[PDB]
Structure formats: structure tokens, C-alpha cells
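Pictured: Transthyretin, co-complexed with 9-cis-retinoic acid.
Below, read A as the first sequence line, B as the second, and so on, with proteins coming before strands; counting in each chain starts at 1. Just follow the structure's listing: the first ligand is 1, and inside any ligand the first atom is 1. Determined via X-ray crystallography, 1.8 Å. Basis for what follows: all heavy atoms, side chains included, without hydrogens, waters or symmetry-related copies.
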2 protein chains.
Amino acid sequence: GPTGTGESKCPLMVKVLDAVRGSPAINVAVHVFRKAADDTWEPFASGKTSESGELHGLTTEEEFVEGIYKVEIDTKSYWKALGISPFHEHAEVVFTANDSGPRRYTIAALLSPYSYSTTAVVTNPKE
Amino acid sequence: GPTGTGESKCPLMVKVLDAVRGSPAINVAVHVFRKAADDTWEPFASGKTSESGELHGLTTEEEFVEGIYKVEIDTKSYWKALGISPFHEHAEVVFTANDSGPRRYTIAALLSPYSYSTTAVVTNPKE
Ligand SMILES: CC1=C(/C=C/C(C)=C/C=C\C(C)=C/C(=O)O)C(C)(C)CCC1
Ligand SMILES: CC1=C(/C=C/C(C)=C/C=C\C(C)=C/C(=O)O)C(C)(C)CCC1
């Protein structure tokens, strides 16, 4: 498993779906941050979802150390570009990772203009 | 039940449900904040949900002016009290409050240990 800003066995993956059109939510910007020593959020990784609504390759197993991470989904620009003025500014998922060892995390979000749902699927690696 | 920063017509209400037990999520801490010129968040109101899982009297119409607000729900303390290991650190809902539109805002949240869903009901009448 590789080291730095690429994809190991992809420890963090984000998947976003659209509940109004019944399709993946394409081109949604995603920003990830790690809480720093000094209690503030430092930028950790970023990207855009693909044609299938997924974003892989945000980090490696070597760079994804234990910590508190924040994944911010720009849902507002997403809906605005489809001409809807949605309710939320963005959708955020904050969680503690790899505190009992490394794990793979998939963060999924289902979006509607006035509602969002999020779920996480966590698997214990090995290959 | 409870309250916050003083009781009026109830321009903002929060309701929290438990998907694991099919009940209202009681005694959950809720904090609300208003975004400031310097872009940081300032405390605005807070409280704990009552027996029916609702939190009212957080603000009043004079004080609730346009801006961007953040509602933070301490979901982690809620699952720990139940003996469940939860995934999220808390649930946040960030939205812009506008005059133009409707006035009553109900933010509802349905919690599971690895997943949460949030919806907003914005009306002209009550609740
Ligand atoms: C049910 C559900 C969710 C998970 C969806 C997943 C895990 C979808 C995987 C593949 C799909 C839906 C088909 C596809 O890409 O073609 C999320 C967390 C969004 C929250 C709302 C309820
Ligand atoms: C969040 C949530 C849910 C609960 C909603 C509740 C308890 C709403 C109460 C009042 C509302 C939404 C405003 C209105 O008075 O019209 C259900 C179980 C549907 C599942 C999806 C997630």
C-alpha cells in the first residue's frame, strides 16, 4: 500500500446520488480536511465526483493516519447548476478514523433539495 | 418541555428521531450558531430535546434575521449513552435563512449509528 495523496486500496471513497433524477450526482466538489494539533481544520484532499457519482484516490493508506476528518460536499452548487435553489449550504460528514487500526471507509450521500441522507460503510482491510 | 434564547412565535424548531428504537431522541444537545462578518461562527442558542424529541423556543422572530445558520446535533453523546459506538462526531445542518420565502423552519433529523438523514420543512403556517 502506496504513500501520500493517491490511492492505496482506497481507504476513503465518496459516492453521491441524486434522488430527484434517479442517477449518480456527477461533478460534485468534495473537500476533505483533518483536524490539526491546534484544533483547526487543515485542508487534506479534494476532488470531484465522476460520471458514476464516485470519488476515489483522495489519499493513501500511508497518509491517512488516525485523526478527526471532515468531508464537505458542495451540494449547493450541484443543485444550482440544475436550476434549483436548495436548502442546505453543503452537507458535511465529521468522524474519527483509524483509531483501532486502519480501515476502509465509504461515505455515501443521497441528495434532494431539502433533504440529505448520509451513511458510512466501514470494512476491515486485508487483500 | 425546554427552550433556548427566549420564546416567541417559534421561527425555528428541531425534531430528532431514533431509527434504532422507533422513538424520539430525548435529551440530545443542540447548538445553533450564526455566521459572523469575520466568517466565524458565533453561538446563538442551544438546548436539549424534550421527551417528544423537540426543541422549541430557540429564538424569536425579531432576532432571527437573514444569514447563515448552523445547527449542530450532538449525536455522539446520544449513542454512547445507549452503549452504541457511533460513526459521526455530530450532525451539522448549515443553511441560509431568507425573508423572501417562508418563515417557519422545522429541521428534522433521523439518526442511526452509521447513518443520519436530515430534512427541512419550510412553511407559512405553524410547525
Ligand atoms: C440507500 C442509501 C444510501 C446508500 C447508497 C449506496 C451504498 C448506493 C450504491 C449503489 C447505487 C445506489 C447504485 C448505483 O451507482 O448505480 C445513502 C448513504 C446515500 C443514504 C441514503 C440511503
Ligand atoms: C427526518 C426523517 C423522518 C421524520 C420526520 C418528522 C418526525 C417530521 C416532523 C415534522 C415535520 C418534518 C414538519 C412538518 O410539520 O410538516 C422520517 C421518519 C419520515 C424518515 C426520514 C427522515
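Location of 9-cis-retinoic acid, all copies: ligands 1 and 2. Other chains near 9-cis-retinoic acid (ligand 1) (heavy atoms under 4.0 Å), by letter: A. Residues contacting 9-cis-retinoic acid (ligand 1) within 4.0 Å (heavy-atom distance) are A/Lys15, A/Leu17, A/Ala108, A/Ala109, A/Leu110, A/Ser117, A/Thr118, A/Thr119. Listed by number with element, the atoms of 9-cis-retinoic acid (ligand 1) under 4.0 Å from a non-hydrogen atom of A/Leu110 are 19 (C), 20 (C), 21 (C). In this structure, atom 4 (C) of 9-cis-retinoic acid (ligand 1) lies nearest to the protein heavy atom A/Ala108 CB, 4.0 Å.
Looking from atom 8 (C) of 9-cis-retinoic acid (ligand 1) to the surrounding protein, the closest heavy atom is A/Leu17 CD1, 4.0 Å. Distance check for atom 10 (C) of 9-cis-retinoic acid (ligand 1): a protein heavy atom is found below 4.0 Å. The nearest protein heavy atom to atom 1 (C) of 9-cis-retinoic acid (ligand 1) is not closer than 4.0 Å.
The closest protein non-hydrogen atom to atom 22 (C) of 9-cis-retinoic acid (ligand 1) is A/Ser117 OG, 4.0 Å. For atom 15 (O) of 9-cis-retinoic acid (ligand 1), the nearest protein heavy atom (residue, atom name, distance) is A/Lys15 NZ, 2.8 Å. Per-residue contacts place A/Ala109 under 4.0 angstrom from the following atoms of 9-cis-retinoic acid (ligand 1) (heavy atoms of the residue considered): 19 (C). In chain A, the residues that UniProt lists as binding L-thyroxine and that have a heavy atom under 4.0 Å from 9-cis-retinoic acid (ligand 1) are these: A/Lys15, A/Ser117.
Scanning all protein heavy atoms for the shortest distance to atom 18 (C) of 9-cis-retinoic acid (ligand 1) gives A/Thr119 CG2, 2.9 Å.
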Could you list each N/O atom of 9-cis-retinoic acid (ligand 1) together with any protein N/O atom closer than 3.5 Å, one pair per line with the distance?
unit_1, atom_1, unit_2, atom_2, d
9-cis-retinoic acid (ligand 1), 15 (O), A/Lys15, NZ, 2.8

